[PDB]
J.: 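Take a look at this one; I'll ask things after.
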Amino acid sequence: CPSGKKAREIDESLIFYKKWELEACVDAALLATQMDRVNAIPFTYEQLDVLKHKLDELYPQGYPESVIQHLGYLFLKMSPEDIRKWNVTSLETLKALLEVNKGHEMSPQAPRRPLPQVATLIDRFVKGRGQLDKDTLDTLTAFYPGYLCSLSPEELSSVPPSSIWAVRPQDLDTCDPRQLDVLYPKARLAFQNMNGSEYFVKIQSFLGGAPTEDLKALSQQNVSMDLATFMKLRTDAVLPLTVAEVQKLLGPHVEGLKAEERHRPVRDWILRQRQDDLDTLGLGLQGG
Amino acid sequence: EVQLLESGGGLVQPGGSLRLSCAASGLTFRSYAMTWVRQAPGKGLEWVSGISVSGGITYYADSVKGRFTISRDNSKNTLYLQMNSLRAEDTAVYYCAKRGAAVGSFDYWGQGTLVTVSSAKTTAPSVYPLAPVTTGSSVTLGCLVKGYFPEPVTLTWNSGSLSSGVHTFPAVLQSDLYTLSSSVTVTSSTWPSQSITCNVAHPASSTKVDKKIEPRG
Amino acid sequence: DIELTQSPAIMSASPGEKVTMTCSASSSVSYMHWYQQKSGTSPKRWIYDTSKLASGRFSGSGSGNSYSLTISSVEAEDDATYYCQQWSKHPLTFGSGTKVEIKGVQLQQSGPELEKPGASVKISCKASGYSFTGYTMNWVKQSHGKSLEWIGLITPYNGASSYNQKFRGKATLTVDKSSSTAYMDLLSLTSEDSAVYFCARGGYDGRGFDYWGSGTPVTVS
Amino acid sequence: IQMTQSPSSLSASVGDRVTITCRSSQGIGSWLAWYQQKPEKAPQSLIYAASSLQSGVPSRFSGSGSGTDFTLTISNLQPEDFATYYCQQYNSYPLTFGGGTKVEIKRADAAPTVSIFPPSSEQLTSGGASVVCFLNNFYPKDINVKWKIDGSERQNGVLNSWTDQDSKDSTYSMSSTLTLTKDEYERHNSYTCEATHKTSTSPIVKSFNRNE
């Protein structure tokens, strides 16, 4: 290290150094304490390679609660072999690592490798936190909302009622009848200290995996349902239902039924009822 | 494809009876429901009645509950409105509509029929020629049509030769009769050199009158 | 701050003569880089790291203050303005320029821009042929009559940007990684700033600006 | 059961977002409709229920709200979208409609073509007398004609008529009529129309004298 080049502290001027000057002049008992600054300081990858090597010498096993906050543009470099032996327990550190992981505008559609080493960090955290917190899911669905319907039936059921609130119906697009049956009650048990219009607003997202016994009970609240929220419904919850029941649900949203006649929960329920019964709907429907 | 022609709309003296028809073309009739809507001439909209797919189940608006009487049929394919003890309020254009759903929208309508009510008898029009008594090269001339009933008079100039320059206004009712007026603006050199006539007909009075615009002093 | 005095102002070396041009420094210096510009076009990497030649009659030598470039056998193809750039303290400064009269990775910028004094403009600089988020992007000012002055730079990935404090507030360096096209935003223009502006990529382990761009002159009236 | 549309009449430019509003007194879930009317011709149907487009309607249209306060939008007007739009409800009997919103085009300002016509010699002799007034081809639609006879004002026995907006030159025109008998036509001599518009502070005057 030359006379006048000994790093007095972290500054702009360090960028006009080289790879070999950094290892001889920079202190390791400094780089830890003051780290937040280096995120604003544009170093070359070659200079960051040396900085990554300088902290390897100080913290060899993992990296404390302290270090991972200002990790920034190194999360990308870090490979699963060392990530395994990490610790977090802070909602803050999370967002930072996920913001920079959102530095992939290469393939806006799944490029045949959507999630590599982030996969690990997540499973690494959920074990650390214990369960899946209300707070926790909010910040996850903010980077990956579709991850909810990209779990296995198991991990879905280890999920308490007070962590359904953080769901809006944007998450439950690519969900099949199996995964919705798991989530359904958890909602009905979460939103049980409630009633009326305040009740329905939230419940609408899941109603695809619900039973006849609670289609009856909905009608007697004079509630309104759309047509898009009828194509969801399970085949076998629909067929016990009378004319007046359907008309006390879809009600105003019914007119455009004619168009969606040859589709899932309709094409059969039409035939099931009487000809006369359908003609009182005055929507031009056949079979009886 | 999907038509509905209203017919039977005439003038009637106050208190007089009259019936309407809407003959449908395009739809399976048995398997939809219908309505009757009237437009307060010029400014407004309002609903009259509704019938069910059965037609035991009728609905009505309070300014006609018991005066006006809906009725329907499959075989002759005709919606029937019986409007009895009429008054001048009722004087409107009635639109026959097909309810797109059972208590839903009105999605399709008819080109529309007018009904008139008035103590006013059929009077032929008086046509008068309007001549100015101005430098900037654009003269303005006019055909005013006064003391006529009912509507319409079909007014043009020179049997549909002079089109750009015309300003026929809406006729407005006073003392039991309408008072239509018209302008026309040609070049200050084109008149009175070329002869200008206004053509004002009233199929009501079978009247076809021609008034030539003389420039007097 | 460190400012460099070149000599001579206008050299007149003959074909078949040994000549030495000097670049004496105010304070003691670490390393040095020499460049070469043909009037109108972009400069090119000639010498770097004191003596280490880039990719065979030229050379470089010195210690502390005294530092000099030397030509062995002068020809009729070595007639250009020669400059000296220092690499020690923030910020980066070039020499005034040594003129030599004989005794007898593509970085495409936007078109030349004209505006009114008291308004703003954005000029662009697109790259392709290398991984864009590992190297930098550097902006320099070639004025009429004066020399090269380094404005600032930016590491695209991180949005991280440093400036020569001379230009903090006149200069706004912005980037979009998707198209790999870096922007400079010059705010409120004067009859002084009517000059040329070059975007350049920094080399491996900060070994000078080995590639320079086209050139977007600016005009203010 | 009330149903209120806002505004009275709206005027905007081709390619500007049009905002029409429909209120009620009592809540009406989503039993509300939207209908387009062409001058003296059939009404067309649009949105059939809150956010539901009728078969064959351009997607530029957009029906929104729920409960009581509703909205109809048109992103980027087109030339065939100028019409009297109507908001209706069907939750309860009776069906109710709104005050309809007359949505017009916008050109720059302009002043009228005031002309006058004292009575035809046929009329003058027959038993009547009408003093006419044509204030043609002006913008906007609002205005202030005012008659004067022998200096003093007259407000009584004045008919008036405006045409709808014109589709070629985008101007409203106006017929005012000062109807009398042969008598007070003779009695008072002078005759005037003071057309006051937005364009001018002090009015455009067309005058004559009976005899001269």
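Reminder, nothing fancy here: chain letters follow the sequence lines and each chain counts from 1. Determined via X-ray crystallography, 4.3 Å.
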J.: What is the name in UniProt of the chain with the largest share of contacts to chain C?
T.: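 It has the most contacts with Mesothelin, cleaved form.
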J.: Looking at chain C, which of amatuximab, gevokizumab, bimagrumab, ponezumab is present there?
T.: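 Among those options, amatuximab.
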J.: Heavy atoms under 4.5 Å from amatuximab (chain C): which other chains do they belong to?
T.: A
